[PDB]
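Proto-oncogene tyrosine-protein kinase ABL1 bound by tozasertib.
Sequence positions for chain A are given in the PDB entry numbering; the residues included correspond to 227-513, in order. Whatever order the structure lists them in is the order used to number ligands and atoms, beginning at 1.
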Amino acid sequence: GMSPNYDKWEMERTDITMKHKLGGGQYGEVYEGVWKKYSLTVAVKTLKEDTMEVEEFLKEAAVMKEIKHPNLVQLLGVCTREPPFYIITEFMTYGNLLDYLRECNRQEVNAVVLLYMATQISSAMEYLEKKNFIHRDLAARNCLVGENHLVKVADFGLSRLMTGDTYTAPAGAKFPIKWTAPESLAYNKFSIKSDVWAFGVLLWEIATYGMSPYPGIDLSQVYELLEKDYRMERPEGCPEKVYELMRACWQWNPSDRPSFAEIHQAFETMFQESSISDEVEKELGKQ
Ligand SMILES: Cc1cc(Nc2cc(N3CCN(C)CC3)nc(Sc3ccc(NC(=O)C4CC4)cc3)n2)[nH]n1
């Protein structure tokens, strides 16, 4: 018999040491912290006093208690009973994937590692796909990097458990044009298929080591271009099979886009073969 107000996810703020702010203010009020009890470094997202976004914060916290996967950043606890609200998650030492890609050593982050990243992400999405959840904000900036190129998807502020086949965002809502599928931009309609489209754009960010999508193109012209069947070109050095998958993710009709299960299977096979090849190449100097 547990105590009356026992809540398995709650923890006292005093258990956490708050340190420096992370993400240079780009990700809101998030700080690096330490869960003293375990001398564990953790990430802590908080909410400013006053704020008119408390509901959004609680929802984000709620969703994280519902998902668990090796490639989804893990919620460790929350402080949502009174005033300063906290969301505590495992710490990913290398930060967000976009900056990781923009500052990496390409000798280390090579062809094999890029496929490994996409394989890990598709794995997480296959999990969400089968749970019938939508992420709604897939982008390299929303993925994190740990030791040994470990990659996990994060930022579930818009993640939704779907009841139907689609989700209609409220009128007036604004979205990241470059990662947003046409049906979403035009009718605010989202589905696992719109996440697939987004995944295609994320593959492109990986392939280009973090370049911003649709180079030089004006945001106001993106939709018109897509409608005429324009799509970003194959990045220099990007394997043909990967670009094909990319193009499949950008099929105009959501029903024509592949499933994450299919995407994951494709990358798993490409990663394996590419990995083997890399190890055999190293073998050329040591047997
Ligand atoms: C969730 C999470 C985040 C992390 N790790 C990090 C690490 C990081 N770094 C800054 C730059 N150095 C060179 C490397 C480490 N910068 C950020 S910037 C950042 C901070 C927080 C969030 N997201 C949240 O707190 C969400 C999950 C509720 C996203 C990006 N996040 N581990 N776990």
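With a non-hydrogen cut-off of 4.0 Å, the residues around tozasertib amount to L248, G249, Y253, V256, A269, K271, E286, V299, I313, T315, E316, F317, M318, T319, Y320, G321, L370, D381. Proximity to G249 (heavy-atom distance under 4.0 Å) selects the following atoms of tozasertib: 18 (S). Per-residue contacts place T319 under 4.0 angstrom from the following atoms of tozasertib (heavy atoms of the residue considered): 14 (C), 15 (C). Each of the following atoms of tozasertib lies closer than 4.0 Å to a heavy atom of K271: 25 (O), 28 (C). Where the criterion is an N or O separation shorter than 3.5 Å, residue side chain and backbone included, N322 fails it with respect to tozasertib. Lab note: per PDB, source of chain A = Homo sapiens.
Checked by distance only, tozasertib and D381 come closer than 3.5 Å through their nitrogen or oxygen atoms.
The distance criterion of under 3.5 Å between nitrogen or oxygen atoms is not met by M290 with respect to tozasertib. With ligand atoms numbered from 1 in the order given, tozasertib contributes 1 (C), 2 (C), 27 (C), 33 (N) to contacts under 4.0 Å with heavy atoms of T315. Residue-ligand proximity, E286 to tozasertib, at heavy-atom distances under 4.0 Å covers atoms 28 (C).
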